[PDB]
Each structure stands twice: as structure tokens, then as C-alpha cells.
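First the structure, in the form of C-alpha cells, and then the observations on it.
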Amino acid sequence: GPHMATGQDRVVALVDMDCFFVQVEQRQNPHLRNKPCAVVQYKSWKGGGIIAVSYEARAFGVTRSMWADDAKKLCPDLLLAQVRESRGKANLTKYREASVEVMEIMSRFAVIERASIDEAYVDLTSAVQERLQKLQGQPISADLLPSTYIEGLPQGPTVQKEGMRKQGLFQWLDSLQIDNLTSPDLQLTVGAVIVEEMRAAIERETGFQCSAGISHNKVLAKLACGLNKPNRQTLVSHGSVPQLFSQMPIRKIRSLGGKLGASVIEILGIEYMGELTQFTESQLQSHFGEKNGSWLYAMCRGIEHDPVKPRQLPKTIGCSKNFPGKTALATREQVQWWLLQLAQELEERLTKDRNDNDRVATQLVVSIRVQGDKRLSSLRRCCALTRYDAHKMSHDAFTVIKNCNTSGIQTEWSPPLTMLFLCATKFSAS
DNA sequence: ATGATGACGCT
DNA sequence: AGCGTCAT
Ligand SMILES: Nc1ccn([C@@H]2O[C@H](COP(=O)(O)OP(=O)(O)OP(=O)(O)O)[C@@H](O)[C@@H]2O)c(=O)n1
Ligand SMILES: [Ca+2]
Ligand SMILES: [K+]
């Protein structure tokens with residue numbers, strides 16, 4: 001009752017760019033705009049691997065991981081943009097720089113947590129409180145929420161998508177208590193107004209469209225963002241959670257998409273997030289551990305406490321290349337040349353990072369895979385990163401992995417290497 | 001022969 | 001430290 005927390009203390013938004021890599025290429029090349037198109041890397045094996053897909057192309061069944069030769073069988077007019085290749089490997093610099101453009105814009109509105117190349121969480125609690133004061137109780141016009149969906153509405157006693165959307169928005173606004181400044185539903189609505197403004201600024205200043213979710217925590221904001229894509233935003237209120245979760249497959253909630261979520265389903269004999277409410281917290285802790293059990297107990301009620309962490313820059317800077325099947329590295333010369341290739345790209349990115357961001361990495365992580373292992377990584381070793389010098393970094397990487405060579409011959413490498421990875425970590429201010 | 005990333009938990 | 005999970 002009066003002491004039962006409802007997890008309505010914050011306003012959190014998740015902003016996610018639509019078909020990011022595709023939009024980056026379509027901004028650069030206007031011939032790709034408003035067309036079925038995809039982004040592909042490499043080209044020789046089966047036309048290249050598709051890594052991003054425009055919504056027009058998704059209508060034909062094109063998906064990520066598809067070989068482009070196979071995507072062309074579903075969508076013969078599919079247009080393709082190729083990832084840049086430098087020093088023999090895919091180079092994602094264009095997308096990292098486009099990401100910085102977006103993140104710097106969102107940072108004007110609030111402190112962000114950079115979750116990925118194209119996603120950021122925003123804690124809007126303070127900004128909402130401010131905007132509510134600037135209001136002083138005037139109602140919020142539907143005109144301020146032109147691309148907002150209210151999940152769960154319309155409901156109660158038109159056949160077009162936008163008609164639905166407006167009907168739900170009208171019901172939501174008509175029931176709002178704009179007089180109470182601590183009403184959570186009011187706070188979410190003002191949050192959504194701000195997110196409309198943020199999304200308009202991103203589009204105005206970059207050309208890029210995005211979707212967003214607005215709720216009271218990160219999991220609900222992420223789920224919300226996915227409900228109405230592309231180019232729309234969705235508000236998921238605390239009150240909408242019971243119905244939303246009642247048919248929500250457990251795997252759709254962030255962190256439950258893998259083995260843990262599969263075990264929740266199998267051990268408890270359930271399918272949907274809402275079914276978790278019927279277990280005590282101690283029961284869930286007994287099955288899934290103290291941390292996971294408490295998290296599930298709260299999360300299935302719409303409650304989660306993970307803070308939006310103030311972090312706009314990535315914590316690691318890594319360079320990786322696979323050498324699949326027949327191309328696995330079988331000579332010391334090969335291993336050494338590719339370590340140098342990776343190390344040169346890493347040196348370039350590290351020097352740029354140090355000039356831009358006033359920090360220096362202090363640890364170099366080297367990771368390899370040997371032919372035969374089902375695990376993505378077969379060995380990971382660290383060494384000191386004392387100088388931004390590619391030849392030194394590649395020599396140190398070789399020193400820390402060279403005893404993996406089963407070969408009795410000095411020149412050969414066995415088993416051959418199917419993956420090389422160099423990662424700079426443990427940043428210090430400079 | 002998906003590939004190239006990136007954050008965080010466990011021991 | 002080194003490995004694994006989960007995600008873009
Ligand atoms: N396995 C994956 C995943 C992502 N990505 C990259 O991260 C970007 C954002 O990932 P995403 O949000 O999951 O997908 P999206 O392309 O933005 O499309 P949308 O968000 O559904 O509109 C993609 O554009 C790139 O394809 C990559 O490389 N491999
Ligand atoms: Ca996206
Ligand atoms: K994303």
C-alpha cells in the first residue's frame with residue numbers, strides 16, 4: 001500500500017537511430033534514399049555480408065547476416081553500400097564519427113549514457129521538473145507530441161495507423177492531471193515533449209531519423225522504443241505494464257534474450273514477463289541467484305533501478321579480424337603481418353582519441369581464436385600499453401601470444417589462427 | 001564463411 | 001586476471 005515502491009521516481013528515455021549504418025550511407029549518397037538498400041562488408045565471398053538493412057528492403061525479407069548474393073534473390077533491385085576497407089580489414093570510422101554527431105546533440109539536452117554506436121539513455125527527471133515549472137499548469141497540446149504513441153491506448157467504448165495514434169494520444173491527454181507536479185504520468189508526458197524536441201534537433205542537424213522510448217527506467221524505455229519504429233516514439237506508463245507484460249515473451253526484455261531467459265522459461269514453465277509476478281522474491285532468488293532474482297521480482301512489476309550512467313565515450317577501443325575456414329593464419333609471418341595491420345588501425349584511432357578526449361589507454365588486451373574451438377575467444381592476455389606505436393603494440397601482442405604455437409617448426413603456426421583481436425583499455429586522464 | 005565491434009558479471 | 005554472457 002502506502003510503503004510499496006512503484007518505480008516511478010525517474011523519467012528515462014532511450015534514443016535509437018533507425019537503420020543507422022544505412023542512414024549514414026544514404027545521407028552521403030542521395031541515390032540510396034527512399035530505396036531498398038543495405039550495407040555490406042567484404043564482397044568476394046558470396047557478395048559480402050549484409051550488416052544493416054533499410055526498412056524498404058526489410059519488406060522483402062532482407063536481414064542482417066544474409067549474404068548479399070542471397071539478399072539479391074529476395075530483392076533483385078537491392079542497392080548496396082560497402083563498408084570502407086583499410087589495411088585489409090573493414091573500417092567502421094564513418095559510423096563512429098556519425099555516432100559522435102548524434103551523441104553531441106543529445107548531450108545538449110541531458111547527460112547521456114552511450115549504450116552503443118547508435119543508442120543512448122537519457123535521465124530526464126531534472127529537465128522535466130524544470131519544464132513543468134516553465135509550464136505552471138497549462139495543459140500539454142497534442143501538437144507538442146506529433147510522433148508519440150501512448151502504449152495501451154486507445155481503449156474502451158478509424159482504420160488507419162495515424163488515426164489510432166491520435167485517438168490514443170487524445171485519451172491519454174484528456175485523462176492527465178496537469179495540476180499535480182509530482183504526477184508520474186504528467187512527468188512522462190513532459191519527458192515525451194522533450195524527446196520530441198531532441199529528436200527534431202537530431203534530424204535537423206544531421207539528417208538522421210530515430211525512434212525513442214520514454215518510461216521510468218532503462219528496460220521499459222528500451223522496450224517502448226521498439227514498439228513503434230521507424231521515426232516514432234512511444235511512452236510506456238507504469239499503468240500500462242500489466243497488460244503489456246501479460247503477453248510479452250520473456251526474451252524481449254533486455255538481459256533475458258539469452259541463456260538466463262531460456263532458463264526462466266524452462267525452470268518456471270512460463271512464457272510471458274507478467275507470469276513472473278506469481279513467484280516470491282525468495283523463489284526467484286533460489287532459481288536465478290540473489291541479484292537476478294531481486295531484479296526479476298522488481299522488473300516484472302515494471303520496476304528497475306539501473307541508473308543512467310554519465311558516460312558519453314566508449315570505454316575501450318578495439319580492432320578485430322576473423323580468418324575463417326581456408327584463410328586461417330598458418331605461418332608466423334602471416335600472424336605478424338595481421339597483428340601489425342590491426343595495430344596500425346588501433347594506433348590511428350588511439351591518437352585521434354587522445355587529441356579529442358584528453359585521455360590515454362594504459363592496457364593492451366590481445367585475444368585470439370585457434371581453429372577447432374567453438375568459443376569465440378580461445379586466449380586473452382594483457383600487457384602494458386606504454387606508447388601509441390603500432391610496431392611496438394604488434395610486437396608485444398606477438399610476445400604475449402607466441403607460446404600458443406603448437407608447431408615444432410619455428411616458421412609454422414599450428415593450430416592456425418581464425419581470429420585476432422587488439423583492444424586498448426584502462427584509460428587515464430591526460 | 002557472419003563480422004566487427006562494445007559493456008559488464010563471475011571467480 | 002582471464003573467461004563468459006548479452007548486446008549493437
Ligand atoms: N549485429 C549487429 C547489430 C548492429 N550493428 C550495427 O549497429 C547499428 C545499429 O544496430 P541496431 O540498432 O541493432 O539496428 P539498426 O540498423 O539501427 O536498425 P533499427 O534499429 O531496427 O532501425 C546498425 O545500423 C549496424 O548494423 C552491427 O553491425 N551488427
Ligand atoms: Ca538502431
Ligand atoms: K541500436
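The sequence lines fix the lettering, A, B, ..., with proteins before strands; numbering per chain opens at 1. All heavy atoms count here, side chains included; hydrogens, waters and symmetry mates do not. Both ligands and their constituent atoms are indexed starting at 1 by order of listing.
Here the macromolecule bound to ligand 1 with the most contacts is known in the PDB entry as DNA polymerase eta.
Of the candidates latanoprost acid, cytarabine triphosphate, talazoparib, lintitript, calcipotriol, the one located at ligand 1 is cytarabine triphosphate. Other chains within heavy-atom reach of cytarabine triphosphate (ligand 1), distance under 4.0 Å: A, B, C. Under a 4.0 Å heavy-atom criterion, A/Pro230 is not in contact with cytarabine triphosphate (ligand 1). Numbered from 1 in the order shown, with element, the atoms of cytarabine triphosphate (ligand 1) that lie under 4.0 Å from a heavy atom of A/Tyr55 read 19 (P), 21 (O), 22 (O). In the vicinity of A/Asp118, heavy-atom distances shorter than 4.0 Å reach the cytarabine triphosphate (ligand 1) atoms 9 (C), 12 (O), 17 (O). In terms of protein heavy-atom proximity, atom 26 (O) of cytarabine triphosphate (ligand 1) is closest to A/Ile51 O, 2.5 Å. Cytarabine triphosphate (ligand 1) has an N or O atom lying under 3.5 Å from an N or O atom of A/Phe21, backbone or side chain. For cytarabine triphosphate (ligand 1), no covalent bond to a chain is modeled. Some N or O of A/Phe20 is nearer than 3.5 Å to an N or O of cytarabine triphosphate (ligand 1), by distance alone. When heavy-atom distances to cytarabine triphosphate (ligand 1) are checked against a 4.0 Å cut-off, A/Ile117 comes that close only through its side chain, counted from C-beta outward. Proximity to A/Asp16 (heavy-atom distance under 4.0 Å) selects the following atoms of cytarabine triphosphate (ligand 1): 12 (O), 20 (O). When A/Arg58, A/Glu25, A/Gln41 are ranked by how near their heavy atoms come to atom 18 (O) of cytarabine triphosphate (ligand 1), first place goes to A/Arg58. Every atom of cytarabine triphosphate (ligand 1) with a heavy atom of A/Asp18 under 4.0 Å away is listed here by number and element: 22 (O). The option with the heavy atom closest to atom 10 (O) of cytarabine triphosphate (ligand 1), from among A/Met17, A/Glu119, A/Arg64, is A/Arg64. Atoms of cytarabine triphosphate (ligand 1) found under 4.0 Å from any heavy atom of A/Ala52, numbered from 1 in the order shown, are 24 (O), 26 (O).
Site of cytarabine triphosphate (ligand 1) with heavy atoms closer than 4.0 Å: A/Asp16, A/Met17, A/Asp18, A/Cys19, A/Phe20, A/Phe21, A/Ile51, A/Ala52, A/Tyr55, A/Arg58, A/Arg64, A/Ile117, A/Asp118, A/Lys229, B/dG3, B/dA4, C/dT8.
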